[PDB]
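Along the sequence shown, residues carry numbers from 1. Per the header: X-ray crystallography, 1.6 Å. Whatever order the structure lists them in is the order used to number ligands and atoms, beginning at 1. When reading the values below, keep in mind they use all heavy atoms of this one structure, side chains included, and skip hydrogens, waters and symmetry mates.
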Amino acid sequence: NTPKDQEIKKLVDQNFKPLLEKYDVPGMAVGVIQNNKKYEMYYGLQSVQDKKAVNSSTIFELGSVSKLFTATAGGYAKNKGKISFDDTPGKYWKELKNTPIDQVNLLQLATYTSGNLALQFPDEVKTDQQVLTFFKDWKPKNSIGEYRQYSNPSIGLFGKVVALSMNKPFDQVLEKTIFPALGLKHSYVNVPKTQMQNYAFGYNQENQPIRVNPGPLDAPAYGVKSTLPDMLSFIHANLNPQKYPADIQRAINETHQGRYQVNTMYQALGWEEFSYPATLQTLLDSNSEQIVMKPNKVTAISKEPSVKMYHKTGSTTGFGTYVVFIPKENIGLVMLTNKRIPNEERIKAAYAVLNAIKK
Ligand SMILES: *[B@@]1([O])OC2=C(C([O])=O)[C]=[C][C]=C2[C][C]1[N]C(=O)[C][C]1[C][C][C]([N][C][C][N])[C][C]1
(Lines of atoms letter the chains of each structure in order from A and count residues from 1; the text may use other names and numbers.)
(Lines give C-alpha, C1' and ligand atoms only; values in the text may rest on other atoms or scores of the structure.)
Protein backbone atom coordinates (compact mmCIF):
# COMPACT_ATOMS: atom_id res chain seq x y z
CA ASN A 1 0.00 0.00 0.00
CA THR A 2 3.08 2.22 -0.31
CA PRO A 3 4.52 3.32 -3.68
CA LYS A 4 7.77 1.64 -4.68
CA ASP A 5 9.74 4.89 -4.78
CA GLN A 6 8.71 5.57 -1.17
CA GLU A 7 9.58 1.99 -0.16
CA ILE A 8 13.10 2.38 -1.55
CA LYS A 9 13.56 5.84 -0.04
CA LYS A 10 12.52 4.35 3.32
CA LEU A 11 15.08 1.55 3.02
CA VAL A 12 17.84 4.02 2.16
CA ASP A 13 16.75 6.20 5.09
CA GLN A 14 16.87 3.21 7.44
CA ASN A 15 20.29 1.92 6.37
CA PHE A 16 22.30 4.80 4.86
CA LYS A 17 20.92 7.93 6.53
CA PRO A 18 22.18 7.04 10.06
CA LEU A 19 25.74 6.94 8.71
CA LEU A 20 25.65 10.73 8.29
CA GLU A 21 25.45 11.37 12.04
CA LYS A 22 27.52 8.33 12.99
CA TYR A 23 30.53 9.43 10.92
CA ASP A 24 29.83 13.19 10.82
CA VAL A 25 29.47 13.10 7.02
CA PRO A 26 28.34 16.41 5.46
CA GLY A 27 26.70 15.11 2.26
CA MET A 28 25.63 11.87 0.61
CA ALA A 29 24.02 10.67 -2.59
CA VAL A 30 22.49 7.18 -2.87
CA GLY A 31 20.94 5.78 -6.02
CA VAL A 32 19.15 2.53 -6.84
CA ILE A 33 18.31 1.26 -10.31
CA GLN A 34 15.87 -1.63 -10.53
CA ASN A 35 14.33 -2.96 -13.75
CA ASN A 36 15.55 0.15 -15.62
CA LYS A 37 13.85 2.52 -13.13
CA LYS A 38 16.14 4.92 -11.25
CA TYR A 39 15.70 6.20 -7.68
CA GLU A 40 17.85 9.09 -6.41
CA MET A 41 18.28 10.14 -2.77
CA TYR A 42 20.32 13.20 -1.79
CA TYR A 43 21.28 14.21 1.76
CA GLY A 44 23.17 17.02 3.39
CA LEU A 45 25.58 19.55 1.95
CA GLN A 46 28.11 19.36 -0.87
CA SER A 47 29.76 22.40 0.73
CA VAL A 48 29.28 23.08 4.43
CA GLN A 49 30.53 26.68 4.33
CA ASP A 50 28.36 27.60 1.33
CA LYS A 51 25.29 25.77 2.69
CA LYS A 52 24.98 24.20 -0.77
CA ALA A 53 22.74 21.12 -0.82
CA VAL A 54 23.75 17.81 -2.38
CA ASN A 55 21.72 17.31 -5.57
CA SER A 56 21.66 15.67 -8.99
CA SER A 57 24.38 18.09 -10.22
CA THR A 58 26.82 17.46 -7.34
CA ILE A 59 30.19 16.15 -8.55
CA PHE A 60 31.99 13.66 -6.25
CA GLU A 61 35.45 12.06 -6.40
CA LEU A 62 35.13 8.32 -7.14
CA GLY A 63 38.54 7.24 -5.88
CA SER A 64 39.35 3.70 -6.95
CA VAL A 65 35.93 3.26 -8.53
CA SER A 66 37.81 5.11 -11.31
CA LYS A 67 39.58 1.77 -11.93
CA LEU A 68 36.30 0.51 -13.41
CA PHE A 69 36.63 3.11 -16.17
CA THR A 70 40.28 2.18 -16.71
CA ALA A 71 39.21 -1.45 -17.07
CA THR A 72 36.49 -0.52 -19.55
CA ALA A 73 39.01 1.47 -21.61
CA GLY A 74 41.32 -1.55 -21.68
CA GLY A 75 38.47 -3.84 -22.68
CA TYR A 76 37.62 -1.38 -25.44
CA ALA A 77 41.20 -1.21 -26.74
CA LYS A 78 41.47 -5.00 -26.60
CA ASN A 79 38.31 -5.60 -28.60
CA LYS A 80 39.25 -2.95 -31.17
CA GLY A 81 42.50 -4.86 -31.74
CA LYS A 82 44.72 -2.10 -30.32
CA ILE A 83 46.14 -4.36 -27.58
CA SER A 84 46.23 -8.00 -26.56
CA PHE A 85 46.15 -8.80 -22.84
CA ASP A 86 49.15 -11.11 -23.47
CA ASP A 87 51.26 -8.15 -24.58
CA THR A 88 53.86 -6.63 -22.29
CA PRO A 89 54.16 -2.89 -21.58
CA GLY A 90 57.35 -2.36 -23.62
CA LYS A 91 55.46 -3.08 -26.83
CA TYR A 92 53.72 0.30 -26.29
CA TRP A 93 55.93 2.27 -23.88
CA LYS A 94 59.14 1.69 -25.83
CA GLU A 95 61.49 2.88 -23.06
CA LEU A 96 60.38 -0.16 -21.02
CA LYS A 97 61.50 -2.65 -23.70
CA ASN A 98 63.99 -5.19 -22.29
CA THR A 99 63.48 -4.09 -18.71
CA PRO A 100 62.31 -6.55 -16.05
CA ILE A 101 58.81 -5.06 -15.96
CA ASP A 102 58.51 -5.96 -19.66
CA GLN A 103 58.13 -9.61 -18.48
CA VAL A 104 54.68 -8.76 -17.01
CA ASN A 105 51.68 -8.89 -19.34
CA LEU A 106 48.87 -6.37 -19.50
CA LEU A 107 46.30 -8.57 -17.73
CA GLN A 108 48.69 -9.14 -14.83
CA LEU A 109 49.19 -5.38 -14.50
CA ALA A 110 45.45 -4.72 -14.63
CA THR A 111 44.71 -7.43 -12.02
CA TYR A 112 47.59 -6.71 -9.64
CA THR A 113 49.78 -9.84 -10.06
CA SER A 114 53.19 -8.42 -11.08
CA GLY A 115 54.48 -9.81 -7.79
CA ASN A 116 56.22 -6.62 -6.66
CA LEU A 117 54.01 -3.51 -6.84
CA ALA A 118 52.70 -1.84 -3.68
CA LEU A 119 49.47 0.07 -3.08
CA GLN A 120 50.99 3.49 -3.85
CA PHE A 121 53.88 4.90 -5.84
CA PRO A 122 56.69 6.08 -3.54
CA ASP A 123 55.96 9.50 -2.10
CA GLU A 124 58.78 11.07 -4.15
CA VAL A 125 57.63 9.73 -7.54
CA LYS A 126 55.79 12.74 -8.96
CA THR A 127 56.95 13.75 -12.45
CA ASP A 128 56.52 11.81 -15.69
CA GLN A 129 60.26 11.14 -15.79
CA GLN A 130 60.16 9.84 -12.21
CA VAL A 131 57.36 7.43 -13.08
CA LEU A 132 59.34 6.12 -16.05
CA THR A 133 62.45 5.79 -13.86
CA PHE A 134 60.39 3.93 -11.24
CA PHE A 135 59.29 1.30 -13.74
CA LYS A 136 62.75 1.07 -15.35
CA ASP A 137 64.17 0.42 -11.86
CA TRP A 138 61.53 -2.23 -11.12
CA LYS A 139 62.65 -5.76 -10.39
CA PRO A 140 60.57 -8.85 -9.66
CA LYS A 141 60.04 -10.29 -6.21
CA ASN A 142 57.32 -12.93 -6.12
CA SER A 143 56.91 -15.12 -9.19
CA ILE A 144 55.01 -13.15 -11.84
CA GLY A 145 51.29 -13.91 -12.03
CA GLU A 146 50.99 -15.85 -8.77
CA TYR A 147 50.28 -13.21 -6.08
CA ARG A 148 47.62 -10.50 -6.00
CA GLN A 149 48.55 -7.19 -4.35
CA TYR A 150 46.08 -4.33 -4.85
CA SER A 151 48.18 -1.61 -6.45
CA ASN A 152 47.70 1.85 -7.98
CA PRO A 153 51.01 1.71 -9.94
CA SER A 154 50.01 -1.69 -11.35
CA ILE A 155 46.69 -0.66 -12.91
CA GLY A 156 48.03 2.86 -13.53
CA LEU A 157 50.66 1.43 -15.87
CA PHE A 158 47.94 -0.66 -17.55
CA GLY A 159 45.95 2.54 -18.10
CA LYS A 160 48.99 4.35 -19.47
CA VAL A 161 49.59 1.52 -21.96
CA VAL A 162 45.93 1.49 -22.99
CA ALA A 163 46.19 5.20 -23.76
CA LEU A 164 49.43 4.73 -25.71
CA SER A 165 47.77 2.01 -27.80
CA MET A 166 44.98 4.48 -28.64
CA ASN A 167 47.37 7.35 -29.49
CA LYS A 168 45.72 9.68 -26.94
CA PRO A 169 46.46 10.85 -23.39
CA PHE A 170 44.52 8.78 -20.87
CA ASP A 171 42.33 11.72 -19.78
CA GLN A 172 41.29 12.08 -23.42
CA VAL A 173 40.63 8.33 -23.71
CA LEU A 174 37.97 8.70 -21.00
CA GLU A 175 36.58 12.15 -21.77
CA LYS A 176 36.56 11.87 -25.58
CA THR A 177 35.92 8.13 -26.09
CA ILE A 178 34.69 6.11 -23.10
CA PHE A 179 32.43 8.60 -21.28
CA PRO A 180 30.62 9.58 -24.51
CA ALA A 181 30.21 5.91 -25.47
CA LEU A 182 28.68 5.22 -22.05
CA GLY A 183 26.40 8.28 -22.32
CA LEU A 184 28.02 10.11 -19.37
CA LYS A 185 27.81 13.89 -19.77
CA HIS A 186 28.80 14.95 -16.22
CA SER A 187 31.88 12.77 -15.65
CA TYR A 188 35.45 14.11 -15.70
CA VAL A 189 39.10 13.41 -15.15
CA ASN A 190 39.54 17.20 -15.03
CA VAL A 191 36.49 19.19 -13.92
CA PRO A 192 36.14 22.28 -16.13
CA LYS A 193 35.97 25.78 -14.69
CA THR A 194 32.34 26.02 -15.86
CA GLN A 195 31.48 23.11 -13.53
CA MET A 196 33.63 23.91 -10.48
CA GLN A 197 30.58 25.30 -8.68
CA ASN A 198 29.15 21.76 -8.77
CA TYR A 199 32.32 20.09 -7.42
CA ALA A 200 31.69 19.14 -3.79
CA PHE A 201 34.20 19.81 -1.10
CA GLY A 202 35.60 16.62 0.32
CA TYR A 203 36.00 16.50 4.10
CA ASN A 204 38.90 14.92 5.97
CA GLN A 205 38.76 13.22 9.36
CA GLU A 206 38.78 16.68 11.05
CA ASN A 207 35.82 17.71 8.83
CA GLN A 208 38.07 20.20 7.02
CA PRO A 209 37.30 20.91 3.34
CA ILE A 210 39.71 19.35 0.84
CA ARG A 211 39.89 18.00 -2.71
CA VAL A 212 42.14 15.41 -4.34
CA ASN A 213 45.70 16.50 -5.16
CA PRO A 214 47.78 15.60 -8.24
CA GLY A 215 49.69 12.34 -8.14
CA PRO A 216 51.55 9.90 -10.41
CA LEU A 217 49.18 8.10 -12.82
CA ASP A 218 46.34 9.49 -10.70
CA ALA A 219 43.83 9.51 -13.56
CA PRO A 220 43.71 5.72 -14.27
CA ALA A 221 44.10 4.75 -10.59
CA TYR A 222 41.68 7.07 -8.79
CA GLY A 223 41.09 10.30 -10.75
CA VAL A 224 37.48 10.34 -12.05
CA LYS A 225 34.74 12.65 -10.72
CA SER A 226 31.06 12.04 -11.43
CA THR A 227 27.46 12.67 -10.37
CA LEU A 228 24.84 10.27 -9.05
CA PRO A 229 22.83 10.26 -12.33
CA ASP A 230 25.98 9.45 -14.34
CA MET A 231 26.93 6.63 -11.96
CA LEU A 232 23.41 5.18 -12.22
CA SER A 233 23.82 5.31 -16.02
CA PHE A 234 27.15 3.50 -15.62
CA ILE A 235 25.44 0.80 -13.55
CA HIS A 236 22.74 0.68 -16.25
CA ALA A 237 25.43 0.06 -18.88
CA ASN A 238 26.88 -2.79 -16.80
CA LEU A 239 23.40 -4.32 -16.36
CA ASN A 240 22.56 -4.02 -20.09
CA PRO A 241 25.74 -4.19 -22.17
CA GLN A 242 23.77 -5.55 -25.14
CA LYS A 243 22.36 -1.97 -25.48
CA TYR A 244 25.68 -0.44 -26.63
CA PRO A 245 27.59 -0.79 -29.92
CA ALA A 246 29.63 -3.96 -30.41
CA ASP A 247 32.98 -2.55 -29.26
CA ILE A 248 31.62 -0.95 -26.07
CA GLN A 249 29.43 -3.98 -25.36
CA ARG A 250 32.44 -6.29 -25.62
CA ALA A 251 34.47 -3.86 -23.51
CA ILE A 252 31.90 -3.97 -20.71
CA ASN A 253 31.72 -7.78 -20.88
CA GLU A 254 35.51 -7.82 -20.65
CA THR A 255 35.26 -6.11 -17.23
CA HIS A 256 32.80 -8.81 -16.06
CA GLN A 257 35.02 -11.80 -16.89
CA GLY A 258 36.55 -13.29 -13.76
CA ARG A 259 40.26 -13.97 -14.17
CA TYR A 260 41.30 -15.77 -10.96
CA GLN A 261 40.10 -16.22 -7.39
CA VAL A 262 41.32 -15.42 -3.93
CA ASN A 263 39.03 -17.69 -1.88
CA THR A 264 35.44 -16.50 -2.41
CA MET A 265 36.43 -13.34 -4.35
CA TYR A 266 36.75 -13.39 -8.15
CA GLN A 267 39.04 -10.73 -9.62
CA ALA A 268 37.51 -9.47 -12.84
CA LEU A 269 38.88 -6.44 -14.75
CA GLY A 270 38.46 -3.66 -12.19
CA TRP A 271 35.28 -5.19 -10.79
CA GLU A 272 35.33 -7.65 -7.92
CA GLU A 273 32.97 -10.55 -8.61
CA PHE A 274 31.08 -13.01 -6.40
CA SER A 275 28.69 -15.93 -6.66
CA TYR A 276 25.15 -14.69 -5.97
CA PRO A 277 23.51 -14.78 -3.47
CA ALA A 278 26.67 -13.81 -1.55
CA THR A 279 26.89 -13.99 2.23
CA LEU A 280 27.65 -10.73 3.99
CA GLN A 281 30.95 -12.18 5.22
CA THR A 282 32.01 -13.02 1.66
CA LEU A 283 31.55 -9.38 0.73
CA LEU A 284 33.27 -8.17 3.92
CA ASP A 285 36.20 -10.57 3.38
CA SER A 286 36.83 -8.88 0.03
CA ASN A 287 37.63 -5.70 2.00
CA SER A 288 39.69 -7.36 4.74
CA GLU A 289 43.19 -6.11 5.51
CA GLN A 290 44.43 -9.54 4.40
CA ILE A 291 42.94 -9.07 0.93
CA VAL A 292 43.38 -5.32 0.43
CA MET A 293 46.81 -4.69 1.98
CA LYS A 294 48.82 -7.93 1.62
CA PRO A 295 49.90 -10.21 -1.23
CA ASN A 296 47.75 -13.33 -1.59
CA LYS A 297 48.39 -16.36 -3.78
CA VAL A 298 45.76 -16.65 -6.50
CA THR A 299 44.08 -19.78 -7.84
CA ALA A 300 42.39 -20.56 -11.13
CA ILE A 301 38.64 -20.17 -11.29
CA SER A 302 36.99 -23.51 -10.60
CA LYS A 303 33.29 -22.66 -10.19
CA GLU A 304 32.43 -20.24 -13.00
CA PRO A 305 29.40 -18.63 -11.29
CA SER A 306 26.29 -18.54 -13.47
CA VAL A 307 24.48 -16.17 -11.08
CA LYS A 308 26.79 -13.48 -9.77
CA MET A 309 27.22 -9.95 -8.47
CA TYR A 310 29.95 -7.33 -8.73
CA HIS A 311 31.13 -4.47 -6.56
CA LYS A 312 33.91 -1.96 -6.04
CA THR A 313 34.86 0.41 -3.22
CA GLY A 314 36.67 3.68 -3.73
CA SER A 315 38.13 6.44 -1.53
CA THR A 316 40.10 9.63 -1.73
CA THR A 317 41.20 11.57 1.32
CA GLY A 318 37.84 13.35 1.39
CA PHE A 319 35.31 11.12 -0.43
CA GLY A 320 33.85 7.63 -0.29
CA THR A 321 32.26 5.59 -3.07
CA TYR A 322 30.63 2.18 -3.37
CA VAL A 323 29.02 0.59 -6.43
CA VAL A 324 27.37 -2.83 -6.69
CA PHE A 325 25.14 -4.59 -9.20
CA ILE A 326 23.38 -7.94 -9.57
CA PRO A 327 22.64 -8.75 -13.24
CA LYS A 328 20.05 -11.49 -12.82
CA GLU A 329 18.10 -9.31 -10.38
CA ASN A 330 18.35 -6.31 -12.76
CA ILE A 331 19.36 -4.15 -9.78
CA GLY A 332 22.29 -2.00 -8.70
CA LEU A 333 23.19 0.65 -6.14
CA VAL A 334 25.59 3.61 -5.88
CA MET A 335 26.70 5.42 -2.72
CA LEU A 336 28.67 8.68 -2.86
CA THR A 337 29.87 10.65 0.18
CA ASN A 338 32.06 13.71 0.65
CA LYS A 339 33.70 12.13 3.69
CA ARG A 340 35.27 8.69 3.95
CA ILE A 341 33.41 6.10 5.99
CA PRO A 342 34.57 2.54 6.69
CA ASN A 343 34.22 0.25 3.67
CA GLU A 344 32.47 -2.33 5.88
CA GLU A 345 29.66 0.16 6.60
CA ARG A 346 29.17 0.85 2.88
CA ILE A 347 28.94 -2.88 2.11
CA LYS A 348 26.60 -3.62 5.01
CA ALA A 349 24.22 -0.76 4.20
CA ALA A 350 24.00 -1.71 0.50
CA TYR A 351 23.52 -5.37 1.40
CA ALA A 352 20.60 -4.52 3.71
CA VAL A 353 18.94 -2.31 1.10
CA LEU A 354 19.36 -4.64 -1.86
CA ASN A 355 18.12 -7.72 0.03
CA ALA A 356 15.04 -5.89 1.35
CA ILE A 357 13.81 -4.31 -1.90
CA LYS A 358 10.75 -6.15 -3.20
CA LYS A 359 11.52 -8.06 -6.41
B1 LIG B 1 41.34 3.27 -4.13
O2 LIG B 1 40.21 4.08 -3.57
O3 LIG B 1 41.24 1.98 -3.43
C4 LIG B 1 41.57 1.99 -2.13
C5 LIG B 1 40.66 1.53 -1.17
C6 LIG B 1 39.33 0.94 -1.58
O7 LIG B 1 39.30 0.11 -2.51
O8 LIG B 1 38.32 1.42 -1.00
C9 LIG B 1 41.00 1.61 0.17
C10 LIG B 1 42.22 2.15 0.54
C11 LIG B 1 43.11 2.61 -0.42
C12 LIG B 1 42.80 2.54 -1.78
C13 LIG B 1 43.63 3.18 -2.85
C14 LIG B 1 42.78 3.96 -3.87
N15 LIG B 1 42.68 5.35 -3.43
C16 LIG B 1 43.77 6.14 -3.37
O17 LIG B 1 44.80 5.89 -3.98
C18 LIG B 1 43.67 7.35 -2.47
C19 LIG B 1 44.51 8.53 -2.96
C20 LIG B 1 46.00 8.25 -2.84
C21 LIG B 1 46.83 9.50 -3.10
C22 LIG B 1 46.55 10.56 -2.06
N23 LIG B 1 47.72 10.66 -1.13
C24 LIG B 1 47.48 11.42 0.13
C25 LIG B 1 47.88 10.60 1.34
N26 LIG B 1 47.29 11.18 2.57
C27 LIG B 1 45.30 10.24 -1.28
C28 LIG B 1 44.18 9.81 -2.22
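- Contacts with ligand 1 are greatest for the chain named in the PDB entry as Beta-lactamase.
- The drug name recorded for ligand 1 is taniborbactam (bound form).
- For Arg340, no nitrogen or oxygen atom sits less than 3.5 Å from a nitrogen or oxygen atom of taniborbactam (bound form, ligand 1), counting backbone and side chain alike.
- Taking every heavy atom of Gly314 and a limit of under 4.0 angstrom, the matching atoms of taniborbactam (bound form, ligand 1) come to 2 (O), 8 (O).
- Neither the backbone nor the side chain of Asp218 has any atom closer than 4.0 Å to an atom of taniborbactam (bound form, ligand 1) (non-hydrogen atoms only).
- This entry records a covalent bond between taniborbactam (bound form, ligand 1) and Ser64 OG.
- With hydrogens left out, the protein atom closest to atom 27 (C) of taniborbactam (bound form, ligand 1) is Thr317 OG1, 3.4 Å, a heavy atom.
- The protein non-hydrogen atom at the shortest distance from atom 20 (C) of taniborbactam (bound form, ligand 1) is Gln120 NE2, 3.5 Å.
- Residue contacts with taniborbactam (bound form, ligand 1), taken as heavy atom pairs separated by less than 4.0 Å, do not involve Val292 at all.
- Taniborbactam (bound form, ligand 1) has no nitrogen or oxygen under 3.5 angstrom from a nitrogen or oxygen of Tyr222.
- Not one N or O of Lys67 is nearer than 3.5 Å to an N or O of taniborbactam (bound form, ligand 1), by distance alone.
- Comparing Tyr150, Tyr322, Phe121 by heavy-atom distance to atom 5 (C) of taniborbactam (bound form, ligand 1), the nearest is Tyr150.
- Set against the non-hydrogen atoms of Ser64, the atoms of taniborbactam (bound form, ligand 1) under 4.0 Å away are 1 (B), 2 (O), 3 (O), 4 (C), 13 (C), 14 (C), 15 (N).
- Nearest-residue assignment for atom 18 (C) of taniborbactam (bound form, ligand 1) (options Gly320, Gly63, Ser315; heavy-atom criterion): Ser315.
- Of all atoms in taniborbactam (bound form, ligand 1), numbered sequentially from 1 with element shown, those under 4.0 Å from a heavy atom of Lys312 are 7 (O).
- The 4.0 Å heavy-atom shell around taniborbactam (bound form, ligand 1) contains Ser64, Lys67, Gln120, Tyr150, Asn152, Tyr222, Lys312, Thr313, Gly314, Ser315, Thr317, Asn343.
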